[PDB]
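This entry carries rotundine.
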2 protein chains.
Amino acid sequence: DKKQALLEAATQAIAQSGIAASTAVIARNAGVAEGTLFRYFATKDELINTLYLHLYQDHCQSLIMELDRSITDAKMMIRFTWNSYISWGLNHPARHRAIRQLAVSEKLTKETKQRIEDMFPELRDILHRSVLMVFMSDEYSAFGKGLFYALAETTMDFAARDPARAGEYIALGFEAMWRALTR
Amino acid sequence: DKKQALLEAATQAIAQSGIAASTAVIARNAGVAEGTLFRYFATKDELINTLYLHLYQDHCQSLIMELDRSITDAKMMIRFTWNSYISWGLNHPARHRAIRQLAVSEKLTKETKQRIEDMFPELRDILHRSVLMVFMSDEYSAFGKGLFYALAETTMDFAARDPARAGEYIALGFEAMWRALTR
Ligand SMILES: COc1cc2c(cc1OC)[C@H]1Cc3ccc(OC)c(OC)c3CN1CC2
Ligand SMILES: COc1cc2c(cc1OC)[C@H]1Cc3ccc(OC)c(OC)c3CN1CC2
C-alpha cells in the first residue's frame with residue numbers, strides 16, 4: 001500500500017535528516033502529495049509513534065520466532081537480543097538509524113510505550129529483573145534505551161568497517177552494554 | 001590564518017557530512033581554492049590526523065589547566081574528564097561530532113595516537129590503571145574510545161533536549177560509561 005511506501009520513505013528521511021524530517025520530503029520521496037501523507041498520518045507525532053511500532057515490530061517479530069521454545073537465562077536471552085539487533089542494523093542501516101531516534105522521542109504516547117514494552121512478554125519479564133532500576137523509571141527509561149542504541153550503533157559501525165572482526169566487536173559491545181545497563 | 005579557517009571548515013564539514021567529507025567542500029567553505037587546502041594538508045589523511053590533534057587539544061588544554069595541582073583518585077579525575085567533555089560538546093557540537101569520527105579513524109598514524117595518549121600524562125597514567133585491558137589493546141583501543149564517545153553523545157543529546165535534567169543525564173551517563181569501560 002501507499003502506507004508501507006510512506007513508512008519506508010519516513011524511515012529513509014528520518015535516518016538521513018533526523019526525526020525533524022519534513023512531511024513534504026517524506027511524501028515527495030514516497031511519490032505522493034503531502035495531503036495524501038496526512039490521510040495516513042494526521043500529525044508528525046502519529047507518524048513517529050506508528051513508525052516506531054512498525055520498525056520495532058520488524059525486528060521483534062523475527063526475534064520472537066527464533067527464540068520460541070528455547071530455555072534461556074536472562075543473560076543468554078539478552079545476548080541473543082543484542083546480537084539479533086546488531087545483525088538487523090547491519091542488514092538495515094536506515095531502520096536502525098530511524099528507530100534509535102524514534103525510541104527516545106518526547107512525542108511517543110504512553111499507549112505506544114506500553115505496546116512496545118508488551119510486544120515480547122518473555123523479554124520484558126527478563127529485562128524487568130535485569131535492567132538497573134533507574135533505567136526503568138518513567139524519567140530515564142528513554143535515556144537507558146538511548147545508551148543501548150548508542151553502544152549498538154558503535155558496534156555496528158565497527159562491524160561494518162572491519163567485518164573480519166564483526167563477532168569480536170559484537171561480543172565486546174554486548175559486554176560493555178551489559179555492564180552499563182544491568183544490575 | 002587560513003590554516004585555522006581550514007581546520008574550522010573541516011570541523012563543520014566532517015560534523016555534518018562525516019569523515020568522508022570532500023576537500024573541495026572544505027576548501028570552498030573556508031573561502032579558498034582546493035589547491036590552497038592542499039598547501040596546508042597534502043592528503044585527507046594528514047587533515048584527519050592534524051584536525052584530530054587540534055580538536056583533542058582544544059578540550060584537553062583547558063582540562064589540564066583546571067585540574068592542575070588537584071589531588072584526585074582515578075575515578076574523580078575520570079569523572080571530571082567526562083563532565084568536562086560533555087560541557088565541551090554541548091558548547092561545541094560540531095567539535096564533538098567531528099572528533100568522535102576522527103578518533104576511530106583507520107587513517108590515524110601511530111605518531112598521532114602516541115601524541116594523543118601523552119598529551120595529558122596524569123590522565124594517561126590514571127586510565128592505564130582503570131581502563132579494561134581489552135580497550136587498551138592495539139586492536140580494540142579505537143573501539144573503546146568509540147564506546148566512550150557514543151555514551152558521551154547520547155548524554156549530550158539528552159542534556160541539550162532536556163536541560164532541566166542535564167546534570168542527572170551526565171551523572172547517569174558517567175556511571176554507565178564507568179561500568180562499561182573500567183576494570
Ligand atoms: C528494535 O528492536 C529492539 C530494540 C531494543 C530492545 C529490543 C528490541 O527488539 C526486541 C531492547 C533490548 C534491551 C537489552 C538490554 C537492556 O538493558 C540491559 C535494555 O534496556 C535498557 C533493552 C531495551 N531495549 C533496547 C532497544
Ligand atoms: C577530546 O577530549 C577527550 C576525549 C577523550 C578522552 C579525553 C579527552 O580529553 C582529555 C578520553 C577520556 C576517557 C575516559 C574514560 C575511559 O575509559 C574508562 C577512556 O578510555 C576508553 C577514555 C579515553 N578517552 C575518550 C575520549
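Residue numbers begin at 1 in each chain, while the letters A, B, ... track the order of the sequences. First listed ligand is number 1; within each ligand, the first listed atom is number 1.
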Inset, instruction - Indicate which ligands or chains correspond to rotundine. - result: ligands 1 and 2
Legend entry - Largest contact partner of rotundine (ligand 1) in terms of the PDB entry: rotu4
Inset, instruction - List the other chains with a heavy atom under 4.0 Å from rotundine (ligand 1). - result: A
Inset, instruction - Would you tell me which option among A/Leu127, A/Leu151, A/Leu123, A/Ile116 has the nearest heavy-atom contact to atom 23 (C) of rotundine (ligand 1)? - result: A/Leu127
Inset, instruction - Look at atom 8 (C) of rotundine (ligand 1) and say which protein heavy atom is nearest, naming residue and atom and giving the distance to 0.1 Å. - result: A/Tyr56 CE1, 3.4 Å
Legend entry - Exercise check, heavy-atom protein proximity under 4.0 Å to atom 11 (C) of rotundine (ligand 1): no
Legend entry - Heavy-atom proximity to atom 20 (O) of rotundine (ligand 1), best of A/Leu147, A/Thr182, A/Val131: A/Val131
Legend entry - Close approach of A/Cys60 to rotundine (ligand 1), heavy atoms, under 4.0 angstrom: yes
Inset, instruction - For atom 13 (C) of rotundine (ligand 1), grab the closest protein heavy atom and report residue, atom and distance to one decimal in Å. - result: A/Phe148 CE1, 3.6 Å
Inset, instruction - Please state which part of A/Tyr149 comes within less than 4.0 Å of rotundine (ligand 1), counting heavy atoms only: side chain, backbone, both or neither. - result: side chain
Legend entry - Shortest reach to atom 2 (O) of rotundine (ligand 1) by a heavy atom, considering only A/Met177, A/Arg179, A/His59, A/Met119: A/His59
Legend entry - Side chain, backbone, both or neither: the part of A/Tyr85 lying under 4.0 Å from rotundine (ligand 1) by heavy atom: side chain
Inset, instruction - Looking only at protein heavy atoms, identify the closest one to atom 24 (N) of rotundine (ligand 1) and say how far it is in Å. - result: A/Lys145 NZ, 4.5 Å
Inset, instruction - Specify the source organism of chain A, per the PDB record. - result: Salmonella enterica subsp. enterica serovar Typhimurium str. 14028S
Legend entry - Pick from A/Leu55, A/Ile99, A/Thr81: the one approaching atom 1 (C) of rotundine (ligand 1) most closely through a non-hydrogen atom: A/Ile99
Legend entry - Residues within 4.0 Å of rotundine (ligand 1) (heavy atoms): A/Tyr56, A/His59, A/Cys60, A/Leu63, A/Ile78, A/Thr81, A/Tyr85, A/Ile99, A/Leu123, A/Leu127, A/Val131, A/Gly144, A/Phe148, A/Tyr149, A/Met177, A/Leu181, A/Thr182
Contact table, rotundine (ligand 1) N/O with protein N/O, distance under 3.5 Å:
from                 : atom 1 : to      : atom 2 : distance (Å)
rotundine (ligand 1) : 2 (O)  : A/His59 : ND1    : 2.9
rotundine (ligand 1) : 9 (O)  : A/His59 : ND1    : 3.0

